[PDB]
Asker: 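First, the structure itself, so that you have it in front of you.
Chain letters: A, B, ..., in sequence-line order. Note that chain A is numbered according to the PDB entry, with residues 3-167 shown in order. The numbers used for chain B are those of the PDB entry, and the residues that appear cover 2-125, 130-168, in sequence. Basis for what follows: all heavy atoms, side chains included, without hydrogens, waters or symmetry-related copies. Whatever order the structure lists them in is the order used to number ligands and atoms, beginning at 1.
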Amino acid sequence: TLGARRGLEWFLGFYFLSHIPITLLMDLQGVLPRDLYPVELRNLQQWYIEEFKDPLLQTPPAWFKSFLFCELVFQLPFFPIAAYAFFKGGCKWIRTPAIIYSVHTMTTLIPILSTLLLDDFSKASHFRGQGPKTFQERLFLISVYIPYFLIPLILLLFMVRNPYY
Amino acid sequence: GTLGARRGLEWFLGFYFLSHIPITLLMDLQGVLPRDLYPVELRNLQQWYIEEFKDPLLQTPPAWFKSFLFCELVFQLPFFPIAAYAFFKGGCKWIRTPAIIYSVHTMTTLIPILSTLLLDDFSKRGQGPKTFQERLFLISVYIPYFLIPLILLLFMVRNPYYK
Ligand SMILES: O=C(CN1CCC(CN2Cc3ccccc3C2=O)CC1)c1ccc(F)cc1
Ligand SMILES: O=C(CN1CCC(CN2Cc3ccccc3C2=O)CC1)c1ccc(F)cc1
């Protein structure tokens, strides 16, 4: 495996590269002041909220805000370092850091995916109206979060086993 | 003593993983397992803790908190006896990557728990901490499950006896 191994490294590199605009421009809007973001980016996030009926990014809970702070202080600095190593290739120094990132991101998203799939968004619940009401809406919203669990899982199994790391 | 700091932490982690088995099985998993699997005295004992210290998570377990409790059943509890043996015996390089995975996972589960106790509002959703002293007591009973895994992560990242 030398062509499929490098192709996975290119895929991981773009995942950590494209995560920098996504985290900065769309995700950190839930913790950073709204005055740091232009009006266009703020209205773009409201489009997503009403299109996908996301209950977490609008009125973010304290447990979700803790993960967004973890994304700013820990995950965001690692994205540029991770993209370089996987683009370059052969960087054995990224194995243990990538295992730390993979388990961390997977752990944050288990409660996130379990909330969207099972938690109740009825009028009695604290969400009070917002959120997915049908099952097709729950899959529609889960599909936005599920990449950030599968790709870190691929990275985890790729780091623990591959003798090149 | 003549154990040293390095051996003393190996023993310390062993008793941490050892005592984690009864604590998880008899107290934690009451939030995800049926009531009948537990004697009424264990359920009333946990109820005393919930009423006294105003635990909001154990009272009515939220969906996010229940997902971590299931991770404790499926992932952490099977790992507890394996890690206790590796650190009691000593010199087990095979525990490095597994214990790192446990450390990051447990630390990550505890971050939203501690942040909710400290900063969230429990006024207008069941009982919860009101005073800073009440939040401080609740942080004291959850904080060891963040510090000890953090010490473990730092212990496995750069100990040459495990690489
Ligand atoms: O919260 C995350 C990751 N988010 C990544 C962005 C996504 C929100 N989207 C998707 C989208 C598409 C088109 C236009 C606009 C948008 C838009 O706004 C919602 C999950 C997270 C990732 C890792 C982690 F550890 C914790 C949280
Ligand atoms: O949830 C935990 C750890 N809990 C350990 C048990 C504690 C709940 N208590 C404390 C107590 C004292 C006296 C009588 C009864 C009780 C009683 O019932 C509350 C945190 C956790 C640990 C690691 C992890 F990864 C996820 C969760």
Asker: Mind telling me what drug shows up at ligand 1?
Answerer: roluperidone
Asker: Which polymer chain sits in most contact with roluperidone (ligand 1), and what is its name in UniProt?
Answerer: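 Per UniProt, the chief partner is Sigma intracellular receptor 2.
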Asker: In this structure, which other chains have a heavy atom at a distance under 4.0 Å from roluperidone (ligand 1)?
Answerer: A
Asker: Taking heavy atoms under 4.0 Å, what residues and nucleotides bind roluperidone (ligand 1)?
Answerer: A/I24, A/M28, A/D29, A/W49, A/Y50, A/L59, A/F66, A/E73, A/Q77, A/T107, A/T110, A/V146, A/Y147, A/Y150
Asker: Quick check, please: with a 4.0 Å heavy-atom cut-off, which UniProt cholesterol-binding residues in chain A are near roluperidone (ligand 1)?
Answerer: A/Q77
Asker: Enumerate the transmembrane segments of chain A, UniProt order from the N terminus, that have a heavy atom less than 4.0 Å from roluperidone (ligand 1).
Answerer: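 Non-hydrogen atoms under 4.0 Å from roluperidone (ligand 1) turn up, by UniProt numbering, in 1, 2, 3, 4.
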Asker: Give the UniProt domain of chain A with the most residues touching roluperidone (ligand 1).
Answerer: expera
